[PDB]
S.K.: 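Take a look at this one; I'll ask things after.
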Amino acid sequence: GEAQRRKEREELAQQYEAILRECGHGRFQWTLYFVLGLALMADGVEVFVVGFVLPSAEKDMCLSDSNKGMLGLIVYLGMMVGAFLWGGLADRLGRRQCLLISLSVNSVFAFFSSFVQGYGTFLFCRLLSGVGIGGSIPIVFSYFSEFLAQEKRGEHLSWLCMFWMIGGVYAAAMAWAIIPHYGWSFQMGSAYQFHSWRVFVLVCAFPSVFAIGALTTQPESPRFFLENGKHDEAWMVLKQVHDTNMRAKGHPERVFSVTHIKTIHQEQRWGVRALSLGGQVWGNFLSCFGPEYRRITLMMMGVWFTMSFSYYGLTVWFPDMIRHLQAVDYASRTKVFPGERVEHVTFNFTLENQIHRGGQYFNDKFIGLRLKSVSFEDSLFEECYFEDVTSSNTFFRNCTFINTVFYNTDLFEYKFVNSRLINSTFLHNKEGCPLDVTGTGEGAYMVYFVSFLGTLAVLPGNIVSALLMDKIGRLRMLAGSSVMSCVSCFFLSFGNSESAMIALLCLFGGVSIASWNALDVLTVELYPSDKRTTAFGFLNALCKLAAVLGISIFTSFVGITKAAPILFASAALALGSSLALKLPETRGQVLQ
Amino acid sequence: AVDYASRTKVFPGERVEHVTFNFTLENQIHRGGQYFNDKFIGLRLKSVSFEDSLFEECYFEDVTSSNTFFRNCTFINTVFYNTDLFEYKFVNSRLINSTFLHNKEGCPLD
Amino acid sequence: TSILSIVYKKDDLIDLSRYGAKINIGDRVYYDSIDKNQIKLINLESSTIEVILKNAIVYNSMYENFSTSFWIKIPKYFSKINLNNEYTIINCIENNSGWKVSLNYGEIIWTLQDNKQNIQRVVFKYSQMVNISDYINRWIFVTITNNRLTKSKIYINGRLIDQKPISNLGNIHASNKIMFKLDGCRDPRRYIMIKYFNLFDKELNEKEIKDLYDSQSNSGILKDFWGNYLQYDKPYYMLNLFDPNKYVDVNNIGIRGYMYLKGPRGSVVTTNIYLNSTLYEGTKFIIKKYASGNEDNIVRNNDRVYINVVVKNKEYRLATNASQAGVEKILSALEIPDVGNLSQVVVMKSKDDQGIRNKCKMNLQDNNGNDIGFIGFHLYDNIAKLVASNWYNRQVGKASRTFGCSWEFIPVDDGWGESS
Amino acid sequence: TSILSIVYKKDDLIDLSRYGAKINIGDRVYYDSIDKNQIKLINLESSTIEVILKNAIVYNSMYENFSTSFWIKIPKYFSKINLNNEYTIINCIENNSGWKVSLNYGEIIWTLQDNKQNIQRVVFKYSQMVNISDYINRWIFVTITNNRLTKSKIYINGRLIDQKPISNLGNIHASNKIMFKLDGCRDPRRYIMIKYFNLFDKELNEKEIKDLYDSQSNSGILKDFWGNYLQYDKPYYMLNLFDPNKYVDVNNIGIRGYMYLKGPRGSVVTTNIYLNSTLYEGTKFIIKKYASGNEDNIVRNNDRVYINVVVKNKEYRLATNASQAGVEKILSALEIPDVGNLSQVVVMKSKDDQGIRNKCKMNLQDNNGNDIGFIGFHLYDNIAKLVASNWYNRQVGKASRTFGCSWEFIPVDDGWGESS
Ligand SMILES: *[C@@H]1O[C@H](CO[C@@H]2O[C@@H](C)[C@@H](O)[C@@H](O)[C@@H]2O)[C@@H](O[C@@H]2O[C@H](CO)[C@@H](O)[C@H](O)[C@H]2NC(C)=O)[C@H](O)[C@H]1NC(C)=O
Ligand SMILES: *[C@@H]1O[C@H](CO[C@@H]2O[C@@H](C)[C@@H](O)[C@@H](O)[C@@H]2O)[C@@H](O[C@@H]2O[C@H](CO)[C@@H](O)[C@H](O)[C@H]2NC(C)=O)[C@H](O)[C@H]1NC(C)=O
Ligand SMILES: *[C@@H]1O[C@H](CO)[C@@H](O)[C@H](O)[C@H]1NC(C)=O
Ligand SMILES: *[C@@H]1O[C@H](CO)[C@@H](O)[C@H](O)[C@H]1NC(C)=O
Ligand SMILES: *[C@@H]1O[C@H](CO)[C@@H](O)[C@H](O)[C@H]1NC(C)=O
Ligand SMILES: *[C@@H]1O[C@H](CO)[C@@H](O)[C@H](O)[C@H]1NC(C)=O
Ligand SMILES: CC[C@@H](C(N)=O)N1CCCC1=O
């Protein structure tokens, strides 16, 4: 039984390769390439939105700690769920159908997230958008792979990873061109407010609907039809491919010579259908861990987890340490004023980055003053008067207030740390969040710039991989790029300034992209068409879980030491390279 | 002129100690002040008059003043560096151990 | 059934009961000008009230149950000196045996001590961290009952607060004289106010206690926030009981301007002592007599008065346009000669139809004696304006829970100590 | 011919004259480290010097003329407590008869008292409001002569200042002991310095006193502004005698930068006590020994040394390009190693060819021992630049008045009291 099935599968694969060779490469392949590139650009865009809008969403939504982190990390959980779900579903419902469903879910919930005002609702909408976009990469690659002959498969697949960086640069550009306009305060309903970051969210949701519009005009993969016992329409899709290719070439007169194609023989209602779908989806998932594929699957798990952990940990680590260096430089420039008596003086002033220690203020009035990162310590205020006071990162530690009045100020009770108030009155307090939120100005711009550089760093290596994918091989390029990634991880010690870390981030980003391209190609060619999408989706979900783990671990280690991240990244990358070097070679074979 | 005199503010009994300053003042009278170890760097004083004041171990730098006077004022161990506070701006004042350095160019009278 | 009842008379304090207990009053004991029947005791040695009963009514039994009742007004505790400073206000012990009423920071304590020096304590505790309190600087009706067989109970404003068994106590002796002075208070600026002290030779039940509370409440007279008498020509800040976090404010002068409820109120804080809310926020309401023939300034029930409104230290007048859309029509403050024939007569209501005492309310009525209705508040596009509607009267007739037709009058008080 | 000559020796003070006057000193008498022969007297009781002469040399005659000489250094008077505070520094009066020298605010007074209580006073007055003084905190050579038949005269640095007839005075007695102590000073922080006290039993003429001044001036030793000894490795501010309202300053580092006279100087004022000019302005000119084989740090005449300039607390070196346009060529300060063969050697000159003492001058010379000439200042485009040229030597040869070749060295001193 198994021998007959294997022989039938081999015959089908060989005849499909012959048919694809007869059809050839041409306009249809490039059109599908651009459509699936839009689909992948949606995924590339999706990963920057919350990171770019967090500085505004914290003020506009009163975000504390453990809410910024979960908001940042929720997109990866969404894709972890979505990749597995849509990968399992696509092998039974079709590549194009599940791609349409997932992209529609992504578009709808990304549109909804732009108008949501709460935090839990925003979390839910963003998690569902991540679920929708999680199934893009597995389905896109396993769908484009079934229209390529064995002659040039590595290069034609590796050219498809350009669109991820394209989406990254698009997100960075629109973040630069939309977010900084804090003035925009469009008002639709008194209790609600719409700022520029919601416009940025909408514009970032646009490429997904563009991808859906492009995908609506493409045919399903003939291999999926052939595996499911569905013959005629697979033949029509191959005929369409051949006709389009030959009409584009300039010979619209030859005839599709293929007449018969070998086909795999096939051997309350809603509940039954759902139960059956779960049934053979679980069957495909388990047969991925079968006797024929159990070593290969474990190598895939190891390589995917290691590279995802290292890459995502370092990618989230670099900007965090840039921020830490900026913060330490800011704390270097702090002025200190020890001992200060001011009596019977009226005031307006603006103070930034100062520490007033042991002051004595009696019968002063502080009318209309702004305080950025100003700390008053061990001070004594007696019969003072505060009015029109605005304060960011301002605290009153160890201070004593006697018979003082706080009129029209934003001095909320969290700014009085270990302070003592006696007979003090708060009147007409300004509107504000119960906790502290940080405002970012031009500091956002550089962030966007840095992000752009990272995406640009990806640009060279892609081309190199795209030019050598078939020439050297999948295993060699994977191991070679992992080796330079480990070396770059070791070289992290020689950097302690912002420019140095920008250069280091660019170097690592430009080095690891060849490894990622080779891993994508190897994952595509290592599985037969009846579990390609299931296995790819499972491995992508593993990648997203490793991304979550690496992000948490590497963000926990910022400002402590620079030996834990280097050690972790180098160990993980060495393990991944070692596990990748012991894989089978698929450079020349029939897709099976 | 008379309207200008009407809008003049008056600040009595003003104590400042160990404070650094830049400010621009116009049309004020500060009476009975007490300043100790204050640094006054780069201040513009138009029609500002200090009366019955006491400056002790103070520091004035880059001070420019038009129609500014120090009447009934006492200065102790104070330093006037890069200022145009000439001798006609101290009316019935007492300077003790005070030093004038790098005085700005100006006419001998107002 | 009353043994002692200290009441005011012509420049003295007498006893309503037929026992003629001797009374001695110190030279620093004060009286309120309007309500002289309430007595102020300060923290000095000469501020003392002595009441000497007869030998036939001195508590010296063991099976004898007895009760006491009074009204007390305690100012706010302002600093940490008042903390852990249990001080006696009413003393009736002798040879370390008797009953004693004392006050601590946010506490009213009743103590019984027998001849065996066994101490029983019943405590009413009120918080000083609340935004608005019913006990801080406000008149409280305290009643204490002591049944020697079962328990000893305390009642605050007619409702039970605490009950401690006293069956273990033996014979309790009592002094021939009763004390009224602040004994053992370290604060030199701490005083109390007390009125209507009564003693009974039996344990009073709930019915008698509510009857006494209602009788001594003077339900026919309007009361302010602190519980005193309401007076004409005095500025009062205004508080809505259903919405106590917003104060009355105005935006523009005239019919085009509307009075509304702006919020939230601020706070007055002394760390680890009090975190109250500001009561001196908003616009003051002055009351002017129109048809009341009473010579005194005290506002009574069913009085027909006018309401001036103090904006920027200028007195305007309450009025509304009777003929407009809906029943819930907007009230406004306008120049006093501009009023013309606008509905400006208001009737002050304290007790309901049955005579049950409730909070102050205002009934706007026209010149024709037609009830526009009770003055309240309603929200138009998220702004709560003062509206005079008969909907409140409809709910009163249906015995339904009215929303926003009850107000409170807060004048400036020295026991509150909030800076204006 | 001298009767008393107090001269320093090995940790003591001796008398050069052959009379063996007893000398005793206190435990609080201070001595300068470099110039021990000068003695500091502070306002205390133990700061005392007693010198006892012999009975054969005690002044007890009436026709006996006598004179004395000394060097005195008086710091600046800082406050009003020094006004009208006539205090005695040297007293020889016993039984209200004798001679006494004393100091007042800007005053040095010589007083003679006979047995008939008659007082004769000779006063030298120096102002304290002058911009640059020759007497304030600077060493002054003071002598008096007393001819009992004609007059009594005061000499400051060898010049007549005042004279007063003393013919009316009778017999003047003198004490057997002579006192060196500040007596009658209300200022607790007041001190003086004194040195080279000599006594003569006749009235000295102009020639002898000028010879004494020249002999004790130490004309072969360099002197700074205050009159002390010039020393190496000590920062000195610069003063031009003919242009005393400007100070030496730099603009750029190297040959391209020029050292010029910037003005005007500041002032130090204490409201009717002093209105002096600031002497702590400019750049400091350190002196480094090059070829002087003397072990001590004192700078002598005809010494060949180098000059460092302190710019932003960094020491540069004097140099000029020997070969350029004109003789009035520009001097500059450059980094210490980068001089190369540029002329650096400067010869210190205090006494002239004939031996007459004059103020300090610096003579720039090359490595070949060719005289570039005396360092001076010349005006290029209204800017006074430091120029070394032989024109000053040409005027010296012609016995003309040189213009710009004289300098004064001002170190930081505690007798001036100006804040730096
Ligand atoms: C806290 O304040 C109370 C009330 O005083 C008022 O509120 C203050 C904030 C301030 O504005 C005062 O000027 C107000 O009068 C103080 O208690 C009263 O203090 C006054 C002295 O100013 C005294 O005459 C009263 O008898 C006091 N009243 C009582 C009931 O004690 C209190 O002393 C203040 N606390 C401190 C630590 O100063
Ligand atoms: C005026 O100043 C003199 C000199 O002191 C210097 O100048 C001052 C302006 C200030 O910068 C000081 O720090 C300088 O040291 C004072 O006279 C001396 O005062 C010090 C006390 O610091 C004392 O130790 C010395 O013995 C004093 N010397 C003499 C000769 O008296 C003087 O006291 C100052 N006058 C006033 C009124 O403060
Ligand atoms: C200072 O504060 C006052 C009151 O808040 C305001 O009127 C004035 O414009 C302020 N000045 C500046 C320069 O911000
Ligand atoms: C600051 O806090 C310390 C203890 O934390 C206390 O001893 C000190 O008194 C405080 N400062 C002042 C000015 O009281
Ligand atoms: C205040 O003075 C300082 C020092 O002179 C100067 O640098 C600064 O620019 C001044 N500020 C303004 C607003 O002129
Ligand atoms: C101001 O002048 C008066 C007399 O004109 C004097 O009594 C007073 O002391 C002076 N003020 C001060 C602070 O000395
Ligand atoms: C589409 C590219 C994708 C992949 N599956 O390889 N990449 C590349 C870097 C991180 C990532 O998820």
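Lettering follows sequence order; numbering is per chain, from 1. Atoms within a ligand are numbered from 1 in the order they appear, just like the ligands themselves.
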S.K.: List the drug name given for ligand 7.
M.R.: levetiracetam
S.K.: Provide the name in UniProt for the chain that contacts levetiracetam most.
M.R.: Synaptic vesicle glycoprotein 2A
S.K.: Judged by heavy atoms, which other chains are less than 4.0 Å from levetiracetam?
M.R.: A
S.K.: Organism of origin for chain A, per the PDB?
M.R.: Homo sapiens
S.K.: Any UniProt transmembrane segments of chain A (N-terminal one = 1) with a heavy atom under 4.0 Å from levetiracetam, and if so which?
M.R.: 4, 5, 7, 10
